[PDB]
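Caption: PF-00835231 (bound form) together with 3C-like proteinase nsp5, bound form.
Below, read A as the first sequence line, B as the second, and so on, with proteins coming before strands; counting in each chain starts at 1. When a ligand or atom number is given, it counts from 1 through the structure's own listing order. These values consider heavy atoms only, across backbone and side chains, with no hydrogens, waters or symmetry-generated copies.
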Amino acid sequence: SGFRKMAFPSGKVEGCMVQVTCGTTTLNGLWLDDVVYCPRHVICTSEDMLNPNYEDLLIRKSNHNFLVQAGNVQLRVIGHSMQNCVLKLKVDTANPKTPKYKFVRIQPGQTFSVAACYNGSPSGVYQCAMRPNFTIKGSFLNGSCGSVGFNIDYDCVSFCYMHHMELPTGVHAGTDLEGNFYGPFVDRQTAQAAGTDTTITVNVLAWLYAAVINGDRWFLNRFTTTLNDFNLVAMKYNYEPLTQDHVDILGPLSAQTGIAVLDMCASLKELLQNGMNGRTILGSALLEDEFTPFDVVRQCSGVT
Amino acid sequence: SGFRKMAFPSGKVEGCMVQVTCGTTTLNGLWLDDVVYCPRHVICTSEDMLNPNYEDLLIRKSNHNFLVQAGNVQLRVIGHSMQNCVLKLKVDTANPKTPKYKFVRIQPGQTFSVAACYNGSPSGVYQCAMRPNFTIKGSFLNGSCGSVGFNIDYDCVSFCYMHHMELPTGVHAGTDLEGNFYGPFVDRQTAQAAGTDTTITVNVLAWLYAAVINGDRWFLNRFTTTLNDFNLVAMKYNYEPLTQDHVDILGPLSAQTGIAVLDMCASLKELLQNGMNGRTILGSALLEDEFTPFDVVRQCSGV
Ligand SMILES: *[C@@](O)(CO)[C@@H](C[C@@H]1CCNC1=O)NC(=O)[C@H](CC(C)C)NC(=O)c1cc2c(OC)cccc2[nH]1
Ligand SMILES: *[C@@](O)(CO)[C@H](C[C@@H]1CCNC1=O)NC(=O)[C@H](CC(C)C)NC(=O)c1cc2c(OC)cccc2[nH]1
């Protein structure tokens with residue numbers, strides 16, 4: 001047993017990380033087949049990033065202005081195009097380590113693994129949750145842009161995040177692999193502020209199902225509730241409202257424990273309104289919200 | 001900026017994990033060069049695991065009794081030996097993906113990355129610390145035996161742990177790659193307790209420095225303490241004593257923040273006597289002790 005913040009094995013993503021450089025600006029890129037994906041601001045000088053006109057900055061760039069390196073080995077750029085805030089660079093070599101992959105735009109509350117990369121070399125792996133305000137509580141240093149977030153189902157790597165920005169509050173913002181930012185952020189060198197964050201309700205409920213599975217079930221009450229009533233109450237406590245998809249992904253945990261989702265909602269609502277009464281859940285007085293229902297099942301039944 | 005429990009990239013280890021089956025028992029193995037290391041209880045049966053005479057059970061085994069699968073290929077075992085609790089399976093093929101590696105014995109309070117594997121296929125990576133009582137608080141299910149813990153220095157993988165056991169308390173026990181258990185544990189099917197679990201003081205202080213580097217300072221105070229007077233209080237709370245080496249290792253963090261180590265100790269002493277009320281540090285409601293000073297320096301340098 002045991003419950004930990006767990007990342008996916010990073011080997012399949014490691015073989016795809018490369019370094020992209022324009023002039024002196026360097027960051028990370030994702031090499032899949034014969035295309036490298038990286039943040040478009042690599043074409044900016046330090047001064048350009050303050051108020052960049054990317055369309056104009058890109059028209060002054062040719063394939064030969066782009067330095068793409070796998071390690072110290074260069075991959076000649078034979079084509080380039082801009083898709084939203086991501087740059088796509090066609091290279092003359094298909095990545096022999098390209099895994100089965102796809103690009104996905106995740107929802108708030110969903111978790112993914114981040115391969116922290118520097119100069120095209122991953123340095124650490126850790127799991128992140130997309131906060132409801134479209135930030136992630138990551139750990140990123142200078143030169144980390146281009147780091148990607150991913151999940152692995154079966155043998156297919158689903159890329160969902162590429163790093164771009166650190167906010168003044170210390171949290172982080174980025175895009176999907178199609179260059180579309182998560183949240184209302186832009187790739188400018190400007191102090192941008194995210195919206196007020198909230199607790200990921202679906203993940204809190206998954207954490208409660210995790211407790212029940214392990215014999216910690218003192219919090220189960222005899223009431224039930226409607227989805228609408230719970231949402232209205234949940235927002236009064238800074239909790240995100242549940243969707244139909246939330247109820248459905250809680251299905252397996254509901255069937256495994258025999259506790260209907262709306263019953264657990266009624267239990268969680270009582271915890272929100274009355275507190276923990278000096279008690280703990282899974283050895284904690286804090287309600288954990290960065291464990292998705294899939295993380296709970298995967299850690300109560302290790303799948304690979 | 002930011003601070004997160006973070007493991008090393010697992011690619012180099014993934015290319016080394018294999019599946020080892022003996023009779024009706026399957027677990028993970030580590031394929032380096034022409035040898036596959038795994039827990040020796042894979043040779044045991046249901047009745048053997050209760051009190052196995054491993055030397056007795058091992059000699060009655062043949063190379064063909066061992067099914068070593070590396071993906072869709074089966075490796076031919078051409079030799080079997082035993083080094084303490086680690087069974088060594090010689091194979092006719094050397095692992096092409098063998099990286100630069102060494103076998104090291106981790107010290108208590110030090111951290112390592114764990115590649116949790118099942119049926120020779122890794123499924124998750126997370127960081128652990130070797131607790132003073134020589135257990136680790138991991139996440140392991142049935143079939144996780146053979147999983148390894150490691151660190152990576154440059155291009156060298158330092159293997160330091162192989163998983164064997166989950167104690168009745170939910171914690172986990174294992175060996176180094178020489179088959180020597182961490183702690184007073186034994187690879188038999190018995191319920192085993194560990195010593196009293198003390199807190200890794202130097203790690204808690206590093207983690208306090210990380211909180212300051214990241215904008216958290218509500219726990220600081222104007223007071224200072226001597227090393228001994230802090231250790232008096234710390235030991236009273238089942239905290240490991242702080243040594244001058246620990247003080248020295250914290251230097252970089254103290255310089256970066258401008259907070260003397262003994263000033264942080266005065267803060268920790270207050271936290272231990274008053275508690276945190278309802279407040280949290282770096283999002284946690286407890287004092288985290290599984291971050292080493294090096295972990296903090298690596299994530300907070302320049303921040
Ligand atoms: C390996 O997977 C075994 O091949 C591993 C799995 C454990 C159990 C689920 N999570 C893990 O980490 N180890 C064992 O099953 C181990 C086998 C050898 C004898 C060392 N035994 C235990 O972990 C074990 C035995 C007992 C026990 O007795 C019976 C009473 C309480 C707890 C306990 N754990
Ligand atoms: C990339 O590595 C640069 O390519 C970098 C990642 C950060 C470095 C430290 N931690 C990180 O996550 N990204 C940036 O530097 C971006 C670049 C934009 C998209 C052009 N900008 C910021 O992170 C940034 C700018 C400002 C700011 O202004 C100036 C004010 C406050 C915060 C802030 N962050």
State which other chains have a heavy atom under 4.0 Å from an atom of PF-00835231 (bound form, ligand 1). B
Please list the residues near PF-00835231 (bound form, ligand 1), using 4.0 Å as the heavy-atom limit. B:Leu27, B:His41, B:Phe140, B:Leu141, B:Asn142, B:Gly143, B:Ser144, B:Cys145, B:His163, B:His164, B:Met165, B:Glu166, B:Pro168, B:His172, B:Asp187, B:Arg188, B:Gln189, B:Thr190, B:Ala191
Which domain of chain B, as defined in UniProt, supplies most of the contacts with PF-00835231 (bound form, ligand 1)? Peptidase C30
Determine from the deposited structure the residue and atom in covalent linkage with PF-00835231 (bound form, ligand 1). B:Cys145 SG
Can an N or O of B:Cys145 be found at a distance shorter than 3.5 Å from an N or O of PF-00835231 (bound form, ligand 1)? yes
Has PF-00835231 (bound form, ligand 1) got any nitrogen or oxygen that is less than 3.5 angstrom from a nitrogen or oxygen of B:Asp187? no
Just jot down the PF-00835231 (bound form, ligand 1) atoms closer than 4.0 angstrom to any heavy atom of B:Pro168, in number order. 31 (C), 32 (C)
Does PF-00835231 (bound form, ligand 1) come near enough to B:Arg188 that some N or O of the ligand is less than 3.5 Å from an N or O of the residue? no
Report yes if B:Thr26 has an N/O atom closer than 3.5 Å to an N/O atom of PF-00835231 (bound form, ligand 1); otherwise report no. no
Considering both backbone and side-chain atoms of B:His41, is one of its nitrogen or oxygen atoms within less than 3.5 Å of a nitrogen or oxygen in PF-00835231 (bound form, ligand 1)? yes
Would A:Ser1 count as a polar contact of PF-00835231 (bound form, ligand 1), with the cut-off being nitrogen or oxygen pairs under 3.5 Å? no
Which PF-00835231 (bound form, ligand 1) atoms does B:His163 reach within 4.0 Å, using its non-hydrogen atoms? 11 (C), 12 (O)
UniProt active-site proximity: PF-00835231 (bound form, ligand 1) and chain B (heavy atoms, 1 Å): B:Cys145, 2 Å
I need the atoms of PF-00835231 (bound form, ligand 1) closer than 4.0 Å to a non-hydrogen atom of B:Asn142, numbered in the order shown. 9 (C)
Before signing off on this row, confirm whether B:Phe140 and PF-00835231 (bound form, ligand 1) have an N or O atom pair separated by under 3.5 Å. yes
